[PDB]
There are 6 protein chains.
Amino acid sequence: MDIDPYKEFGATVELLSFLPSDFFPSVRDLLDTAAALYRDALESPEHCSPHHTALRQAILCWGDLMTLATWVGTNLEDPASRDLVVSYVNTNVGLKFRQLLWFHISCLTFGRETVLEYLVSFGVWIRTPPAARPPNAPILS
Amino acid sequence: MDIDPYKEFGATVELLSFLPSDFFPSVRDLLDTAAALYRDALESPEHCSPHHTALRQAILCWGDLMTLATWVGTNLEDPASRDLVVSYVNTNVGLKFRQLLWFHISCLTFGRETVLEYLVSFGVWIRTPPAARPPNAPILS
Amino acid sequence: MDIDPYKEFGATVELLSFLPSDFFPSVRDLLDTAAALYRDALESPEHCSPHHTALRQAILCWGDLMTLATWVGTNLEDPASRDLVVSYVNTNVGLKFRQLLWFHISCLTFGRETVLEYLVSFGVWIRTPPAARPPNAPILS
Amino acid sequence: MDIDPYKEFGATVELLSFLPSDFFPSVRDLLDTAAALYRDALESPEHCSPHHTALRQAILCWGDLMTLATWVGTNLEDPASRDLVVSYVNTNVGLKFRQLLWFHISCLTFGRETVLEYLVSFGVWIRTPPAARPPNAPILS
Amino acid sequence: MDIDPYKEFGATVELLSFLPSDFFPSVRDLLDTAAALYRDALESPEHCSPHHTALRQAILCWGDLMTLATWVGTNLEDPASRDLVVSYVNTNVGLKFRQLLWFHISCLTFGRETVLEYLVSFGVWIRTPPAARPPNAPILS
Amino acid sequence: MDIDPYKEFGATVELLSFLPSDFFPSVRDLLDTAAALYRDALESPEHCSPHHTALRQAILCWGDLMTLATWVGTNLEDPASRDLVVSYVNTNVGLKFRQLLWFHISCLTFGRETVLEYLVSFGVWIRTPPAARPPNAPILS
Ligand SMILES: Cc1cc(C2CCCCC2)n(O)c(=O)c1
Ligand SMILES: Cc1cc(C2CCCCC2)n(O)c(=O)c1
Ligand SMILES: Cc1cc(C2CCCCC2)n(O)c(=O)c1
């Protein structure tokens, strides 16, 4: 199967990649934010939205990878192999979760279409060279 | 956060664990089944159901976990740890995906309440010793 | 005192012993089943039934013996003596708890009189030699 | 499961622990008292009350725990562990049965609410230092 | 700032010191009593009273000192320095918390003015030499 | 007991921790501010508000913690432990008092709901990278 997790939400993997990697917050900071803003609704027994259902699975999969790292470190008593697995996750998969977490959190706070219009505006703005581009970047509040 | 991926779908992790792990199909067989029955709807740009949204994220995360296992199998220096980490990924996180994939596929084909009634009936049936239990097990339809 | 825990529930220790010991599920499997079917009612602040009150005390006494084993193993640092205490419990008292747990769980799911009629029917059936006895045994279901 | 044997009887483990352990009678003395006051009803084929059902299971489990202690005292090879395991059974699980036996006997003789009001009054009284506390302690009526 | 924690409650540090230190229960016993009598209201989301607000901060500060002791003992692996910090707390600050805990608990159970009248009566009584003073001391109730 | 000092005031420990620790003023500066703005009311014999009662206990407990730190700095024999225990008191328990002092001062000057709305807005703002976030941060007034 060729599945795009953004496709049912009016976006695509390409559109998210349009933003530079450095622009996304850390996974840690996005999880703290998900809690801060939406802990009650995430843990609730209501399908509040597709964004909520998407966020739940993503948070639990990141959860599984962190349980694996801890398990390797303490249960296998092998911190070296632990450090390699953390390094592999952060290098190879961290960006994907950063994009996905940011996208679904941003979509809930600011609204879906606002986040889309913001991806195009910011990518244009950032690519425009410093001299040419307006000093005040596009904002979502 | 304490999130339960089954909680928004009227179930829980405990209820799913009530079925013995050996009685779930393989991940490979569930993915082929997901395709066989629902490839068009999974790949579509419509939020067909929370089951569809849940399945999409799970199917995509499994890809990443299998790339991790392969990577560990080639790249992990310590022979003691390596085979254990591959085994843990394939079987221990494998069981979670087997439960989740089976649950969401079963819920779409046969209906949510049918799947729930079936979990309780089968767990009781399987635990009942051979002599005591009916010869014909409970059937999903 | 000569107390029979089955006497207030229309049965006796003799009637329960009428079933072969091999016929009962494991303690572990009966506790998982008690949870699966009745966790909410067991933990509730209502005397739902004498079966519930009986189950609560039995589950907690098994609980106490398992806390003792763990305590011997980890707190006294003596796994050898741990293994002897587990072995003593499983050979000497496990059958009693298996009979009692099965009885009170079976009485709640299928109804008290049904379970009684089933004890007599099954004991007769199992004692009748293989050649002579019907192929389909009595079923509680 | 998190089961509280006092919860269905309007109390909790915390409330019972509010009384110092030294102020409960011996298990032996509570069993003799249970007999003295209620032998006929305990041994009867009627569910006289939840207190009666609770008492029956507790009295029967104490028998098993005392057979375990005796067995450990003769059969446990390791002298360090043996005396500690006997001591743990007699005193540490002994306190639980002392609390539970006293509670259910006291509830039958004096009434449930009277026993509850008495737990709070006595715990306050005993903790208040000799100088500060009234000479007449609370009495069970 | 010169702040008196008793001043807003119609008392002072001097008036509390009027009672001998030996008269107060242990911190441990007052915390168990605070729980026993008021766990629900202390943990609740209502400002039940200034006594409740005062008690919450005091219980949490004692909590912080006990987390420090544990941290020194286990995390710094230094039980010696642990023993010195516990000794310093118990000799230097324990009386203050004993006075404050007793005061706010006593004020809630027996009423504020009753506790005040009781401080003066008891201090007079205790200072009156044994021969001269009534045999029955003043009682809180 | 699980007590939250913010729970009575419509907030929680999690919500306060949402702000980075570095963005709170020093304890010294918050105490000078508490004096500057509210010395008369804090030292007064009126329960002006729950915020005032909370502040009084916290300000008095900080005194005791600073006497402990000084005492450890002169009197703790083990050089390894001593600097770590002073550092832990000043920074780690310091953060708790910084959060609590700031919270209760901010609640009195600007109003409770304003402070809450400000915690969420600022945490979001600070976590969102410079490029994404508005140049003007949220302001307390
Ligand atoms: C765990 C489990 C799984 C199934 C499925 C196994 C294979 C696919 C369809 C049913 N069943 O029938 C069980 O009883 C228990
Ligand atoms: C918990 C408890 C129990 C008793 C009973 C022990 C024997 C039966 C009557 C009292 N007393 O006297 C207490 O103070 C406290
Ligand atoms: C953690 C923290 C603290 C403050 C206060 C710092 C100074 C006192 C008033 C606000 N602010 O403004 C933040 O954004 C974050």
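Labels below follow one simple rule: chain letters A, B, ... track the order of the sequence lines, proteins then strands, and each chain is numbered from 1. Atoms within a ligand are numbered from 1 in the order they appear, just like the ligands themselves. Values below: all heavy atoms of this structure, side chains included; hydrogens, waters and symmetry mates excluded. This entry, so its header tells us, was determined using X-ray crystallography, 2.3 Å.
- Contact analysis gives the chain with most pairs under 4.5 Å to ligand 1 as the one UniProt calls Capsid protein.
- The drug that appears at ligand 1 goes by the name ciclopirox.
- Other chains in heavy-atom contact with ciclopirox (ligand 1) below 4.0 Å, by letter: B.
- Here B/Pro138 has no heavy atoms under 4.0 Å from ciclopirox (ligand 1), in either its backbone or its side chain.
- Backbone and side-chain nitrogen or oxygen atoms of B/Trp102 are examined, and none is located within less than 3.5 angstrom of a nitrogen or oxygen of ciclopirox (ligand 1).
- Both the backbone and the side chain of B/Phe24 come within 4.0 Å of ciclopirox (ligand 1), counting heavy atoms alone.
- Taking each of B/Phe23, B/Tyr118, B/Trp125, B/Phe18 in turn, the one with a heavy atom nearest to atom 13 (C) of ciclopirox (ligand 1) proves to be B/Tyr118.
- Residues contacting ciclopirox (ligand 1) within 4.0 Å (heavy-atom distance) are B/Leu19, B/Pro20, B/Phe23, B/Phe24, B/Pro25, B/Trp102, B/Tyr118, B/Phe122.
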